[PDB]
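The structure under discussion appears below in the form of structure tokens.
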Amino acid sequence: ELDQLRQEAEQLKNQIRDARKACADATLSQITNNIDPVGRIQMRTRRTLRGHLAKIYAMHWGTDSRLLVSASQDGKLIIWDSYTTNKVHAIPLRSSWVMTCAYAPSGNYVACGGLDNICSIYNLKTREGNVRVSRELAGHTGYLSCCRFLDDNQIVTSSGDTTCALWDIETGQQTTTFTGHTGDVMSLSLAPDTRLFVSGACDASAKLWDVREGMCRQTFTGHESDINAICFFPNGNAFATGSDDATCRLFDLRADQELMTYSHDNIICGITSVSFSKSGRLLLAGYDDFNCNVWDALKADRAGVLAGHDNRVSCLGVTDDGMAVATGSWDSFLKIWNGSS
Amino acid sequence: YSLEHXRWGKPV
Amino acid sequence: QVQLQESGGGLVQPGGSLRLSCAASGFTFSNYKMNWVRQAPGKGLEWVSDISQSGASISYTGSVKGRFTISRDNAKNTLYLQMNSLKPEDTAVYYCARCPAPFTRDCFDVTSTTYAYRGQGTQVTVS
Amino acid sequence: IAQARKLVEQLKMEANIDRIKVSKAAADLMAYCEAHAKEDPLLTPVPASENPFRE
Amino acid sequence: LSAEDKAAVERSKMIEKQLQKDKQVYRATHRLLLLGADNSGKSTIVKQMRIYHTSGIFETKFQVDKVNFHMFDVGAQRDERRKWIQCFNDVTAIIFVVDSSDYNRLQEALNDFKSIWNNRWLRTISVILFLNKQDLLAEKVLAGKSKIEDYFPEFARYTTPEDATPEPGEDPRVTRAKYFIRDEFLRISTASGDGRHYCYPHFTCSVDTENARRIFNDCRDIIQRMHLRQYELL
Amino acid sequence: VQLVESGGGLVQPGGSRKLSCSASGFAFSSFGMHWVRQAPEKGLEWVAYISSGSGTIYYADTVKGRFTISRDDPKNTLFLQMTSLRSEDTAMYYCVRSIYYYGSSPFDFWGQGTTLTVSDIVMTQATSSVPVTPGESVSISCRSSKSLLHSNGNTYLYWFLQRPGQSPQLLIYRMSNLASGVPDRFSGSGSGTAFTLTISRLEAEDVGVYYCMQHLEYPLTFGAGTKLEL
Amino acid sequence: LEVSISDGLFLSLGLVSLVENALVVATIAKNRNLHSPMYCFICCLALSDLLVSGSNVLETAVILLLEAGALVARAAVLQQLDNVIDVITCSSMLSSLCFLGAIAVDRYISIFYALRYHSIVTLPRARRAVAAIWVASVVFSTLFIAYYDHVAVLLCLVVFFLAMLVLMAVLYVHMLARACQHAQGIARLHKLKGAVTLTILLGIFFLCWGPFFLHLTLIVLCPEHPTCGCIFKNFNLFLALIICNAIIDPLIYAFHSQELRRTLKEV
Ligand SMILES: [Ca+2]
């Protein structure tokens, strides 16, 4: 009977919560209080990328840390040469209402989708030289919120259908569906090994998934509201999570717990997008209030602010080289930030 | 010769 | 963890009253507008009342407007519904439903069929 | 019903996790940061000649 | 700058020229979001404008007086609206279609309208109200088993406004009902917005051909209001 | 992808021919196009370039005043209107596509060529021919007057194979990048002033003339070519 | 009466208007969001006012240095300087008037052809109209300041001012009429700001240009007359008032938008 299952669910929830509290010997803030604080991080808009006709939802750096897709609700993907600001490609989209894109780690493919539940895979390395749709991954029953390539043949997808799916692009079929969420899945970060991923899903829960096992291994639930953004820490053992609750939270996979909350009283709006730096020492979070804050992930201090956008920030990619953070906004502009010494 | 401010400031 | 243990239901006679109570835990209650939501047998998931996070602004469907008082204890993180003049049409599961995001005036999804920031629900049966 | 039965099965799966201490987690994250601090251009801005975005 | 780098800049400029032609089309096109419950008959509004001029979004593109309108009916999405609705910041309008006859779901429609209206990302987006199914409203008021005052106790206090221009042969009870439903949406419309966005009620039926004309006129008077506000004229 | 060239034939000195190159199976408008010619027993020589959308045109000084390169993107076709033709212009003319963006491969497809019979950096391939055996590892040297290493870091040597009856095929672009269809047998490296193409396990399909080319600055220049004889 | 505006005040007004217009122009040149047609015409207006202010600054500076005895040109080589600087002033005047007309026409198309606005007013057509304005302005100014002794010059330039005043009045009054129709629609659903704005626009326009073109008209009406002579004594007031419109039009049109305020703050 439902009441007995509800009581068993509450009991197991209390067992999980007790095991977490039992392994909460000390907070991250206590361990890092001896660390010298990071100085005032200043980043200086080394590039502004212009050509999108509308809001940008998403970006993704190439592994080359030089090419950059951004998806705009104009209905264009643009491939940017960041070093030159050159447009490498502008890809017309069948649906304007794009909400995610991913650049493949090989750079052979780019993916995008949105309010049309298709995940379109675009082949950049085409012998005809035009970019073309290689596969329309159709079978999602709600909007495509995040996509990330594991390999040129495999993409994991997240949807407004409270679901994730791994696809084999050769077939266009879900090789695994991930179905333990209850809200709209909003963001997806692949682990550095690409064996695990975390997704945050409008239920204030993050879930760790095993790509091969098809199963939820951990649910992390420190957030108060919709996790809009998720990013693995570069060690792959922790990940950060930006919420509508105006807080970022860092979760360790293994301690199964929130390590720190990144919040300040002056900040009362949702975190739109999250990325770590290459060391993990800098945690960058984009906000609805038109700017991106930099957090000391260890000390939870605002090391700085990227205050250069005019409309809602929407996406936030750090290069795999760490040489820059790119910031996209609803103002159609696409800003690349480093600093100087 | 006279260099007047603007032009036509005085008639004829 | 966001959880909403709604309580205080049961059987009641027509013309009777119930004080529904909703213990809010884990979400800094007084940043969020709060709602009561309802599902009569075989009906959709009707909204019934709304209270702003300060308590200063309130609304009701009209079908309940004189009969239901929404109330709010920000210190004890508890939402209340003093439903004071019940009738059989009020027979429903009552769900304490939180607004999605803090500080928002809109609450899109509080009636959505699945919605995460809403309680288990309280059975109210009016004879 | 079946949602609660599968939720119970998931919570059993998540109960069995071999959780580590939060202090050891924190030590691991800061050790990784210390191992990658010089390698991080955002943490330690590289010379303007090495920065490819203004050379 | 090398010969290849120069030629890549020239390709970037070729792309920017195509993107400018697309800017011309994007600004010449007016984008609309069509919202409404399953009762609303938004599907019939679509069918009208389609004929006469697992997919998650249904574009309808129609033209009135050489002006191109793209109207997006939300397709196969879940009933959790709050995330995908943020895509429609920078539409010209949201057409909100209401079933005026469905009094038990009219409060549901009012809460949807109030949420759409008060959303941070729609704070600048005006709403075209299609109060639809007005034939069925007239029938339900004349064949008056269903009493609005059972659902809206204000209706017993409400009196038809001097604004009201009922069609000839309309019973004043049908007028009072339909204008009450309108003013139930307008009391939301008028409670916040600081003039950044406005609400444009219309009484509509399926048989109406003039819905495209209504949308044309409302989009005109929205862009007019926006510009007159930018010019400190309004 | 197909490029097929027409309008060659016999013509008198001083005469004129319009070579027409017709493009099919690729986005012709998006490619810059080149004409490269080959005198009957001589190496490649670049003739003319027309950018995507015609915004840039360049010629060799041997043709600069006297050939004009043009394209009809709607008809997917390229023209070389030649005038004041000379014995020097007696050559196989190859229609060559190029696309230019970060990571592009210029010169990645060459048409079958049209033969016309009329009745600046130096690239040195110091060995005109190497006698070779199958399965041998062979290195083809090339030298440039100027260092082709540009400050963008692209070391810039191109490598082509022309098989005895085929048009040239791009093997490697910008010193070291292997072309999409080309075996991993091929690998290129160099300093910027001096270069090698290694061919790690020669097949018979690797016989032909190997041309190095620079794309640092126009006019583009080709080496004399190294023949490999099985 | 003679308001007798001295060179010192004339130069001060000219330099403050130079700075104000240089700021408006620089802000639109830097922030590429302001590369829209209406901000293009705002930039071109502010540039016309910059050239008016700078030309009159240079003119008072030249007159001051000559009056100080620091400058010793005479006859043809000084007359050519006065002629070219007066072409610069007259051209930047005619351009400023034309760009006030162009802003009025842009705003008008943006109201009454609102849905077709981006189909009608475009950056190609904006740049073409701007170029046509500067070209015609220099052509007519060279004609007028060469033929400056000819009645038809003064009459044509007055008729041009009256045409701009009629155009701009008709346009913004019709825009206010549609604003009042919308304010009535708003009141009807919900149940003077635009009159104030019209009064600032048309008032500063007429009060700042009109005394100059009144002088130029009165010349044609009064080659000799004692009462006209009084208004002729005020020509320095009328030029200072033209510089005053060069001051106030940045406030009327550029910092009339929050984006310009942000962009000025960012510098
Ligand atoms: Ca003068």
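Note on naming: letters A, B, ... go to the chains in the order of the sequence lines (proteins, then strands), and numbering restarts at 1 for each one. Modified residues go in as parent or X - their extra atoms don't get counted. Scope of the values below: all heavy atoms of this structure, side chains included, with no hydrogens, waters or symmetry mates.
What binds chain B most in this entry is, by the naming of the PDB entry, Melanocortin-1 receptor. Of the listed drugs (afamelanotide, insulin lispro, triptorelin), the one at chain B is afamelanotide. Within the structure, the other chains placing a heavy atom under 4.5 Å from afamelanotide (chain B) are, by letter, G. Binding site of afamelanotide (chain B) at 4.5 Å, heavy atoms: G:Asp7, G:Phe10, G:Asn56, G:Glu59, G:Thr60, G:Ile63, G:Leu78, G:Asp82, G:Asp86, G:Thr89, G:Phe144, G:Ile145, G:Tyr148, G:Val153, G:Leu154, G:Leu157, G:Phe212, G:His215, G:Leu216, G:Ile219, G:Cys222, G:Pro223, G:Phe232, G:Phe235, G:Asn236, G:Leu239. Residues of afamelanotide (chain B) near chain G (heavy atoms, cut-off 4.5 Å) are B:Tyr1, B:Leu3, B:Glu4, B:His5, B:Unk6, B:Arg7, B:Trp8, B:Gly9, B:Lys10, B:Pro11, B:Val12.
Per the PDB record, the organism listed against chain G is Homo sapiens. The name that the PDB entry gives to chain B is Afamelanotide.
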